[PDB]
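These notes concern the structure reproduced below.
Numbers restart at 1 for each chain; the letters A, B, ... are given by sequence-line order, proteins then strands. The deposited model was determined using electron microscopy, 4.2 Å. This depiction is restricted to one part of the PDB entry, and every contact reported falls within that part.
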Amino acid sequence: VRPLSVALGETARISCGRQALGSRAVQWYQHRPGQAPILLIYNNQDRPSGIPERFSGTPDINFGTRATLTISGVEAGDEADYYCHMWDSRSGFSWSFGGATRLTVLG
Amino acid sequence: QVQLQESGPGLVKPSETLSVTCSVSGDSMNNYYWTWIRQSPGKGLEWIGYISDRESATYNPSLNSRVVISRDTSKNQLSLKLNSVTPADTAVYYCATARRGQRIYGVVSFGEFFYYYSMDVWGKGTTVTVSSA
Ligand SMILES: *[C@@H]1O[C@H](CO)[C@@H](O[C@@H]2O[C@H](CO)[C@@H](O[C@@H]3O[C@H](CO[C@H]4O[C@H](CO)[C@@H](O)[C@H](O)[C@@H]4O)[C@@H](O[C@H]4O[C@H](CO)[C@@H](O)[C@H](O)[C@@H]4O[C@H]4O[C@H](CO)[C@@H](O)[C@H](O)[C@@H]4O)[C@H](O)[C@@H]3O)[C@H](O)[C@H]2NC(C)=O)[C@H](O)[C@H]1NC(C)=O
Ligand SMILES: *[C@@H]1O[C@H](CO)[C@@H](O[C@@H]2O[C@H](CO)[C@@H](O)[C@H](O)[C@H]2NC(C)=O)[C@H](O)[C@H]1NC(C)=O
Ligand SMILES: *[C@@H]1O[C@H](CO)[C@@H](O)[C@H](O)[C@H]1NC(C)=O
């Protein structure tokens, strides 16, 4: 499990797992410890209900850009595990959720 | 509201099946594609399979095909049955749903589209710990 450190107010731009191959529909999730995971980013730009404008991914237009997830202005409550389910076209089906990254907030 | 109660057994033995349940009341006719998602200590979130109206439940290749599934409209619920358990399978088994959306990258008559699975509504998840006693 790869850790990551960020402070209060800084734009946390966490990385992804495997390399992007062709088209992309990334699936970003915030897995809280003990609770249920929450959907954050689907189809590289869209957000579901209950999520503000802070959580946003990179839209895959003119491929060659790596997939990241920007968290602008983090708090103490939004400090949990993160997953990046990479769905592409040159690998077929995706059965694993990739390498989980753990966000840590100092303070 | 999608209600998802988890009446799992909790304490299982080797050479025993699973009986974790999830019953949905509400907007649950055919569109919300249900699935099973687990979380072990150390091992990440393993998407072990889903079930649709086509009755083709594709399972995980790392699961080694030891899981049969059962969704019925008489009891109005979804159950899981895992056989020949291992002591590293002390996981929290969530019963969530997904929406299968396509991503077109070319011509639709040439098969240039692939499907993803976006999990939007989640459940609680019960702590089913494998006990070898
Ligand atoms: C000969 O005639 C054929 C048809 O008669 C032509 O086939 C067409 O080919 C184009 C190829 O560009 C297809 O258009 C694209 O469709 C993508 C998805 O389709 C639908 O998306 C939206 C609905 O979700 C909708 O708004 C849209 O109008 C369309 O109906 C769409 O997208 C991605 O496409 C690329 C895939 O790699 C990416 O590079 C691109 O950046 C887009 O990614 C963005 O959009 C997605 C979804 O919105 C986001 O998730 C991403 O984050 C990112 O922001 C494109 O915008 C585009 O509309 C078209 O569908 C297809 N028509 C058919 C099959 O009928 C063929 O091109 C033509 N040949 C020539 C030489 O003219
Ligand atoms: C098969 O095709 C791939 C490219 O599509 C060739 O290169 C491999 O590419 C992947 C991803 O870019 C790397 O992880 C591999 O290490 C590459 N293979 C190498 C360097 O040997 C690949 O060589 C082709 N052939 C075979 C036999 O796999
Ligand atoms: C296609 O790939 C080549 C090799 O990397 C690159 O030079 C070219 O710009 C690509 N075309 C695009 C992105 O339209």
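The drug that appears at chains A and B goes by the name 10-1074. Under the naming in the PDB entry, the designation for chain A is 10-1074 Fab light chain.
Entry name for chain B - 10-1074 Fab heavy chain.
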